[PDB]
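I have placed the structure first, in the form of structure tokens, so that the comments after it can refer back to it.
Within every chain, numbering begins at 1; the chains are lettered A, B, ... in the order of the sequence lines, protein sequences first and strands thereafter. This depiction is restricted to one part of the PDB entry, and every contact reported falls within that part. We count ligands from 1, going down the list as the structure has it; atoms in each ligand are counted the same way.
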Amino acid sequence: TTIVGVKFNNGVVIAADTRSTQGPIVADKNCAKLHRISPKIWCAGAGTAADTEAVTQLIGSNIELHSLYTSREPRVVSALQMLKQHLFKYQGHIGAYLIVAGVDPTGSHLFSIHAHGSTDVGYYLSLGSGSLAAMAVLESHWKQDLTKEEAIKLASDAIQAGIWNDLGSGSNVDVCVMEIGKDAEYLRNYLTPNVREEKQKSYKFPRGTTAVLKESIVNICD
Amino acid sequence: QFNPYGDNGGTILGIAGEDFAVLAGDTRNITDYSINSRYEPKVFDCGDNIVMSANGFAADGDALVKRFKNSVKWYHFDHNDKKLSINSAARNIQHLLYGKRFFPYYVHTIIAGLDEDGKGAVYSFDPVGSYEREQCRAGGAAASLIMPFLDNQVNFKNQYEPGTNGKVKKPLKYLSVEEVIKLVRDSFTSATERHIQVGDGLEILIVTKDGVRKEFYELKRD
Amino acid sequence: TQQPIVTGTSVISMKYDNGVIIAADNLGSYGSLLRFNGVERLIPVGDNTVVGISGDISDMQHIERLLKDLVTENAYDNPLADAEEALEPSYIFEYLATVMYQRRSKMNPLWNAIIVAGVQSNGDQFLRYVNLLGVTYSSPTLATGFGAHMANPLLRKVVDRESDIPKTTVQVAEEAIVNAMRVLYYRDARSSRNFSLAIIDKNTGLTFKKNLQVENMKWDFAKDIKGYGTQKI
Amino acid sequence: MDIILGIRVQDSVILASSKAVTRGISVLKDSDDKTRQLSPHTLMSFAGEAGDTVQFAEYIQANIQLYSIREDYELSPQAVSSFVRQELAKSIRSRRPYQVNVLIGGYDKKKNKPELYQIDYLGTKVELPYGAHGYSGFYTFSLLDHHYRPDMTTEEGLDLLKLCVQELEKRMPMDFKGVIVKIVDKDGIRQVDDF
Amino acid sequence: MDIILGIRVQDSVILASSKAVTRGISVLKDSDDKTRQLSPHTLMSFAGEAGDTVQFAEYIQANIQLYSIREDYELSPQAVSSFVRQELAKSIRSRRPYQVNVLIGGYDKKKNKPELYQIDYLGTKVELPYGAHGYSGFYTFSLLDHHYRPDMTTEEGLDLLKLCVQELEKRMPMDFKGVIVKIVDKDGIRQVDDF
Amino acid sequence: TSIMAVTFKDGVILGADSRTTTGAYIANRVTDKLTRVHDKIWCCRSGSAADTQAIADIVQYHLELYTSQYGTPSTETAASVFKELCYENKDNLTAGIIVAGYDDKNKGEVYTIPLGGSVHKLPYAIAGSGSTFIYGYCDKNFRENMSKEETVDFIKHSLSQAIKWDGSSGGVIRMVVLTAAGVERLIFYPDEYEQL
Amino acid sequence: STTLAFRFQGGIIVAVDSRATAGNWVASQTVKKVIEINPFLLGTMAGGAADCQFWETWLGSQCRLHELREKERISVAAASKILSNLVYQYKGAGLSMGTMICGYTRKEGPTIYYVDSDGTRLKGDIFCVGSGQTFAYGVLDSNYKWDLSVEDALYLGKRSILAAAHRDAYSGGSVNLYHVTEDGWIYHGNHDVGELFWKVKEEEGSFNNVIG
Amino acid sequence: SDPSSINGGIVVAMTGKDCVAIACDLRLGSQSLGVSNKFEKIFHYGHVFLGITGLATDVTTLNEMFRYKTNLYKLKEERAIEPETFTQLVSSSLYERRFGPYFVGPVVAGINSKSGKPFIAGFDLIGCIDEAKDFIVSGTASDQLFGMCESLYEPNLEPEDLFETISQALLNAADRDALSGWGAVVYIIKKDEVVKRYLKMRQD
Amino acid sequence: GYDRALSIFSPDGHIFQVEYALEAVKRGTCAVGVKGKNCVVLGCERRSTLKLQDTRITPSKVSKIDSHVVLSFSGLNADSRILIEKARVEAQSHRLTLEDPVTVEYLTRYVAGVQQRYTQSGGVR
Ligand SMILES: *[C@@](C)(CO)[C@](*)(O)[C@H](CC(C)C)NC(=O)[C@H](Cc1ccccc1)NC(=O)[C@H](CC(C)C)NC(=O)[C@H](CCc1ccccc1)NC(=O)CN1CCOCC1
Ligand SMILES: *[C@@](C)(CO)[C@](*)(O)[C@H](CC(C)C)NC(=O)[C@H](Cc1ccccc1)NC(=O)[C@H](CC(C)C)NC(=O)[C@H](CCc1ccccc1)NC(=O)CN1CCOCC1
Ligand SMILES: *[C@@](C)(CO)[C@](*)(O)[C@H](CC(C)C)NC(=O)[C@H](Cc1ccccc1)NC(=O)[C@H](CC(C)C)NC(=O)[C@H](CCc1ccccc1)NC(=O)CN1CCOCC1
Ligand SMILES: [Cl-]
Ligand SMILES: [Mg+2]
Ligand SMILES: [Mg+2]
């Protein structure tokens with residue numbers, strides 16, 4: 001994977017590629033790596049696919065119950081704390097590498113979490129196999145006081161660096177923008193720069209090409 | 001401990017027609033999750049209407065091609081400029097490969113050209129020199145993806161004549177150079193989609209009695 | 001079978017319209033210890049080739065001596081040693097590539113990654129890579145070690161394919177190289193601020209720049225970063 | 001423990017099991033019965049790790065017998081085989097798994113059909129016309145592929161079984177001291193004394 | 001290769017050698033003669049690693065035959081056994097040693113006495129009244145300790161040998177497919193065809 | 001990492017670099033290794049980033065609960081809680097922590113807690129991979145009862161050398177000043193300290 | 001692979017499959033596992049493909065040199081022993097070969113020699129070699145008699161490979177048949193298992209385990 | 001001793017125009033030894049179809065487990081479970097055994113009875129959901145299946161055409177894998193009829 | 001090693017060392033070979049200037065190479081032993097690899113090949 005997070009004027013933006021691998025094989029060409037913990041707290045995940053999905057849902061579930069209990073909108077630090085303590089408890093065996101971001105009554109926030117349970121704070125972050133390609137772009141073009149449109153451009157450019165240069169990353173760019181005082185906008189397939197070209201030939205077979213031994217109607221009804 | 005081998009990825013493909021033969025191969029070169037070159041050719045004209053490719057560990061691949069090219073040169077010197085036939089080249093390559101039986105060239109070698117009756121010929125080699133003439137062969141990282149597709153579309157495997165109750169097989173016939181290039185292009189675009197080590201560019205070398213022609217096509221760069 | 005002791009980190013390079021640029025920092029690391037700081041890892045051969053070497057420094061010094069001896073040997077019984085029969089980048093590379101692969105085949109490699117940058121006699125740009133395994137490849141941009149992971153992405157934004165080379169000037173190309181060196185200083189733990197840069201142009205020839213420094217760095221934002229999540233002091 | 005075979009024919013299931021018990025360089029016994037009757041019309045042969053085999057067979061036997069008393073009713077071979085599979089499926093993820101491979105030959109009285117089930121120590125169940133465990137299968141399966149017919153009689157099945165034992169006695173490295181043959185049919189379980 | 005026995009009696013030496021050749025789970029041959037005639041009155045049986053056994057036996061055979069031609073004279077069993085021991089004694093400290101154990105049964109014409117030598121792959125030579133290599137000895141030695149007498153006839157020796165083969169066929173794990181028996185005496189070497 | 005804490009006339013100063021590494025890759029060049037466990041009790045973290053964070057979080061929780069019942073804890077008490085965690089879990093931890101605090105009675109105090117979980121009260125302490133290169137320098141240059149400006153120079157020069165030689169150390173030099181006056185954060189950038 | 005060759009009244013039958021594998025990857029279904037050394041000698045191939053292919057063609061060169069030097073066709077015993085002595089020199093180096101040298105000469109008659117890479121050389125009437133040798137043995141042994149006709153012997157050899165091709169995962173493709181007589185070897189065609197299996201199932205009534 | 005490749009087998013699923021197809025081979029072996037040629041790997045719970053490759057004891061165990069769970073679901077919910085919901089149930093159950101997993105490669109296929117939308121999904125052994133518009137592959141010849149599907153497949157195929165495509169994908173993939181084959185079954189699934197076809201393939 | 005070319009051509013096209021070796025044969029005691037319909041007989045002369053000989057132990061003129069082949073000679077007695085030894089070794093080697101004793105033609109061809117090798121090898125006569 002390649003995943004990034006970038007802070008800006010009135011909030012924070014996160015982005016991700018959409019490749020899912022199985023050894024050298026691309027298993028999913030358009031998988032969703034951006035996860036909703038709460039309405040305005042989102043999470044980008046790299047590493048073991050099942051672990052990132054499972055850990056983000058569990059903490060997301062507990063955050064919802066906590067929000068209902070306290071009659072308050074959830075905070076990013078609460079998700080950050082719950083995730084890191086869970087991951088730490090499992091001593092890195094839950095292979096989830098996360099970029100946690102969001103807006104809450106305290107303000108806008110951007111964090112990263114590693115599988116062993118260590119957390120980092122920053123204005124720009126990148127995780128995954130293509131993090132070096134992405135971080136190169138972020139280190140080259142990032143500045144203080146980014147606008148919304150500039151942060152989206154920088155974030156997607158950092159993901160693109162991963163898509164093109166890292167074999168672990170590819171396909172499309174997902175984005176999620178979390179601005180203060182507004183609803184978070186999830187931009188699924190924000191960029192699609194890897195569309196499959198028209199095939200040279202149609203491989204539609206003449207009906208009856210396949211040799212059949214038996215036929216039977218299957219009963220699905222009661 | 002020092003490991004003398006490496007995996008440079010990529011994949012190659014050879015198809016034989018009636019009066020021609022093609023040897024295709026992607027131009028991507030990699031190590032681990034990094035791209036080394038987007039255009040590094042590994043299909044070579046070796047003279048006497050023989051095209052060759054040795055896919056796998058590029059250092060061993062280049063060494064082999066280099067030695068075979070040199071073998072063709074000395075064959076002319078020692079035998080009054082006699083043309084090296086594709087069958088003779090194949091046997092010569094077996095001895096090159098098996099000469100390092102106890103420290104092998106880590107490559108899948110394919111050569112293509114015309115036999116002494118003017119008909120299309122493709123030979124394929126394992127790393128230690130076992131070889132076989134075939135109408136069809138894929139080699140390298142995406143061989144397991146491409147090869148069954150070739151069995152179906154070149155040799156018409158598992159295809160029966162419609163309405164014959166799976167009793168009459170689809171009759172074998174030679175393909176035109178136009179139809180073969182369609183299959184090569186579709187094979188590589190498919191392989192590019194689902195294999196991370198395959199992409200960037202496709203280079204095809206076509207061999208007829210007139211000589212060796214080249215064709216190049218763009219592939220996805222993610 | 002070896003293990004590298006004193007090591008040199010990334011070597012980065014790219015092609016531009018009239019020639020090639022290559023750069024490498026002046027550090028000789030001894031594991032995590034940043035032991036030697038005056039190490040030149042770019043070695044010119046003639047007035048048309050520069051060999052950039054990373055990895056084991058003792059083996060780098062051996063390669064220096066070979067290249068030095070190669071120039072001497074070429075001059076023997078050669079009236080055109082400084083003209084038509086001068087050493088080309090392609091000759092120098094192929095020689096090194098031969099040695100590297102022979103050594104790996106004897107299970108006693110020269111523990112290096114090498115980039116031979118230069119300009120041929122006909123004006124063509126030469127840029128090709130070779131390493132301890134004898135693996136060779138060429139590209140509009142080439143880099144070793146961390147450079148492969150961080151520099152190449154940045155340099156490929158300038159020259160993404162062959163057709164971008166005539167469109168790239170020496171000013172734009174050098175700017176990208178110098179930027180890449182800064183990024184490596186931020187992120188590579190075995191890098192130094194001081195570095196050397198070399199330009200081989202088909203018109204202006206070989207320009208060797210020593211004692212360059214990474215500059216225009218962004219560190220100010222660090223003061224705002226407190227704790228690791230919940231700390232506000 | 002080594003050779004256990006099974007052949008389902010028209011009206012019966014025939015199980016053949018080797019008599020040898022070997023530890024080290026000594027054949028300790030040459031008259032060992034590697035089977036247990038689970039119910040009047042269900043027989044289970046077994047082979048595998050020493051100790052585990054009998055301990056597992058008798059444990060299954062006790063459970064099936066307990067069921068028979070409780071319900072005053074005989075479980076079908078299919079039901080017994082499913083129960084056995086589940087026990088092995090539990091076992092494989094235990095602290096110390098049962099290393100036992102079994103064949104269950106039974107006659108279903110409700111269907112009036114013979115049934116042969118092959119279950120390995122992992123809990124891998126398959127219903128078959130003929131089955132084997134261990135290295136025996138590498139010879140017997142191909143032999144049966146050729147000579148077996150579905151409508152054979154019990155006598156034809158015994159001749160087919162002799163053909164397997166002869167081949168094994170010719171090509172197997174170890175001396176397995178012949179086999180004990182048993183037949184399962186509508187009239188229950190009986191042993192062939194002269195084989 | 002597995003079972004090779006030897007019994008020296010009053011007027012002859014009797015060698016018994018198993019007929020089975022097994023690789024993997026297949027008995028490839030059941031009529032293998034694990035012996036070579038070194039000279040008219042000297043016979044060597046052998047057992048051990050595949051390939052090494054025959055290669056070593058034939059190499060010794062060629063050397064003894066070469067000697068016989070050169071000197072127009074037959075080497076004594078003692079002399080042959082010493083030559084064989086030295087070759088194995090060299091071999092054990094080679095790059096790749098011969099993994100071959102041998103029994104040398106011979107009739108010394110000068111002494112008019114039968115002689116049996118047991119030599120292992122290390123080059124450990126012993127003259128014995130009866131000998132064996134491999135796991136066979138673990139049964140046959142104790143059996144012979146009891147039943148053997150030094151003044152027995154060749155016929156008594158063959159009955160004693162039958163008693164060994166029966167015990168091995170009863171208690172050995174592997175099927176060795178019977179034995180080829182040969183007798184060495186004053187009249188040379190001859191094979192017993194019905195055993 | 002390169003970390004140190006130094007007592008002086010008015011209290012104590014903690015110092016640290018800002019580099020976090022994964023092998024030879026710098027995962028974070030602006031890390032804050034100086035962390036608050038109480039108002040005027042702080043610590044320097046070296047070793048596993050995950051372990052040192054988890055430990056510090058627990059210590060902060062303990063000292064907060066201590067304060068609710070018994071009032072402000074001593075710097076010694078804080079060090080004792082760190083020790084207890086590090087010692088009892090020594091098999092599963094990789095944490096080298098320096099605890100530093102300011103009491104009004106006891107003034108500035110520094111306790112160092114190496115891998116084993118042993119406690120050592122010292123006038124000043126150095127730790128982390130880069131500390132090896134400055135044992136000679138710090139021993140020769142340290143003096144008791146230094147002024148604030150002298151201690152800041154001592155820490156700056158020391159960490160500058162540690163950073164210069166240690167590849168595992170770099171970025172900015174963060175410092176935290178603990179006195180009766182309050183808590184002051186200081187930062188020093190490469191352009192300044194590199195050319196010392 | 002699966003290869004067999006057995007001796008009988010009317011000479012020698014030799015039958016082989018044509019599959020080649022690299023682990024579980026089926027690499028080829030059309031490999032020639034019988035080498036035609038000369039009009040009276042055949043060699044079968046099982047094990048490492050290159051090891052077999054290289055050294056058995058080499059064996060053919062040595063056999064040619066024999067008949068040039070000695071003005072006489074090499075014996076099956078001598079031909080097999082050249083190969084066995086060769087692989088014995090490489091013992092321990094990791095060659096993987098399970099071969100059978102089959103042929104006819106005047107002095108020997110029809111003869112079969114099993115030769116493998118650990119130096120074993122055995123004369124015999126019946127041998128099966130390869131991963132699927134046991135499956136071939138099961139069918140072959142249970143149907144073998146010395147008094148088989150040329151027609152029946154050819155079929156039994158074919159049927160035994162088919163049996164192995166079916167059960168053994170690492171055997172298949174097609175069956176290559178040979179018959180060796182006093183006049184030399186005679187090729188009896190390539191038989192694809194794809195068609196042969198169903199043809200045999202229907203006509204013979206066997207393979208009742210499979211869904212018809 | 002690699003659990004996922006002891007028994008062998010493959011499953012493939014495809015979508016078409018208002019229909020889905022799911023297909024599997026019939027082999028069950030013990031490494032080189034072929035044991036059974038009747039071992040089906042596709043099951044169904046109401047109108048939701050589940051194909052499972054991998055270790056055969058787990059294939060059987062999971063079938064029995066999901067039958068168990070879907071039966072209780074139906075009794076409490078008073079309706080048949082839908083493919084989207086069942087997919088989540090499969091993922092939950094597999095991840096429940098995160099550090100002692102079932103060595104399987106399951107594949108869900110079916111048509112949602114309310115919306116009428118064709119649905120397919122795949123999973124790894126610990127429950128990661130892999131949803132797809134086009135096709136899902138699983139088993140010892142997954143590489144082969146990926147190559148066949150990616151080239152042969154095209155969108156919006158009619159049930160009769162889709163049958164040919166999925167069959168040719170499975171057959172040719174199985175013929176390049178030693179542990180797959182020995183017969184094959186294809187399910188064609190329309191909104192309210194399901195056809196099951198056994199394919200003729202080479203038996204080696 | 002001693003390298004000198006001892007056997008060389010002369011102006012008239014003769015190799016004198018080979019021809020002088022024939023003179024040594026001409027000096028040697030007479031040997032005769034006669035082959036019948038079902039047998040061969042080898043006759044040999046023994047010079048009678050040597051009395052007080054011990055005929056039990058004195059090397060016999062005819063030597064067995066194998067159980068089926070014999071070799072007699074004329075010329076230098078010491079030289080004959082070297083050829084006989086080599087031939088006897090080759091006889092056993094042939095049995096080992098070909099699994100068949102040598103033909104008389106083959107054994108002859110070998111011995112003749114050895115004799116030839118000494119006519120164009122350096123340092124030997
Ligand atoms: C980039 C793309 C990594 O290169 C990203 O980091 C993504 C993260 C996104 C998708 C959330 N990572 C992956 O795609 C991830 C890479 C990976 C693989 C293996 C270990 C760690 C990371 N891929 C996966 O997690 C796949 C998801 C599948 C394709 C839906 N899962 C697998 O490959 C599983 C790994 C399961 C696992 C178990 C125990 C510990 C760690 C991982 N592997 C298999 O299913 C392989 N095998 C198939 C046959 O049956 C046995 C299992
Ligand atoms: C200096 C560097 C040396 O003492 C300092 O002490 C700093 C201290 C700061 C962070 C408080 N130490 C580190 O930066 C620390 C060094 C280290 C490394 C390994 C063991 C102990 C200390 N680095 C880390 O903790 C990194 C932090 C990551 C980048 C956020 N973590 C790792 O390298 C983890 C280590 C896992 C671990 C091993 C042994 C004991 C405890 C934890 N390794 C990985 O995450 C590897 N992973 C592989 C897949 O791709 C991602 C990285
Ligand atoms: C049955 C089918 C199985 O034994 C037969 O015995 C056949 C015999 C015929 C071919 C003569 N045996 C094989 O097919 C044999 C099996 C085998 C493989 C390896 C060692 C021993 C036995 N197969 C091969 O030899 C294959 C043949 C190729 C596929 C045509 N070759 C390989 O596996 C090669 C060579 C392996 C090798 C052996 C010795 C030294 C060095 C290498 N291996 C590769 O190509 C490596 N691999 C292939 C897939 O891509 C990644 C690299
Ligand atoms: Cl930290
Ligand atoms: Mg530093
Ligand atoms: Mg098969």
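PDB records name the drug found at ligand 1 as carfilzomib (bound form). Contact analysis gives the chain with most pairs under 4.5 Å to carfilzomib (bound form, ligand 1) as the one the PDB entry calls Proteasome subunit beta type-2. For carfilzomib (bound form, ligand 1), the other chains with a heavy atom below 4.0 Å are labelled A, H. The name that the PDB entry gives to chain B is Proteasome subunit beta type-6. Lab note: per PDB, source of chain A = Saccharomyces cerevisiae (strain ATCC 204508 / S288c). The residue in chain A annotated by UniProt as active site that sits nearest to carfilzomib (bound form, ligand 1), with heavy-atom distance to 1 Å, is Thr1(A), 1 Å. There is a covalent bond between carfilzomib (bound form, ligand 1) and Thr1(A) OG1. Near carfilzomib (bound form, ligand 1), within 4.0 Å on a heavy-atom basis, the structure shows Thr1(A), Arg19(A), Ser20(A), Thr21(A), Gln22(A), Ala27(A), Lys33(A), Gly45(A), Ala46(A), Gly47(A), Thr48(A), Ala49(A), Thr52(A), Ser129(A), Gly168(A), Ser4(H), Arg98(H), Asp124(H), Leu125(H), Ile126(H), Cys128(H).
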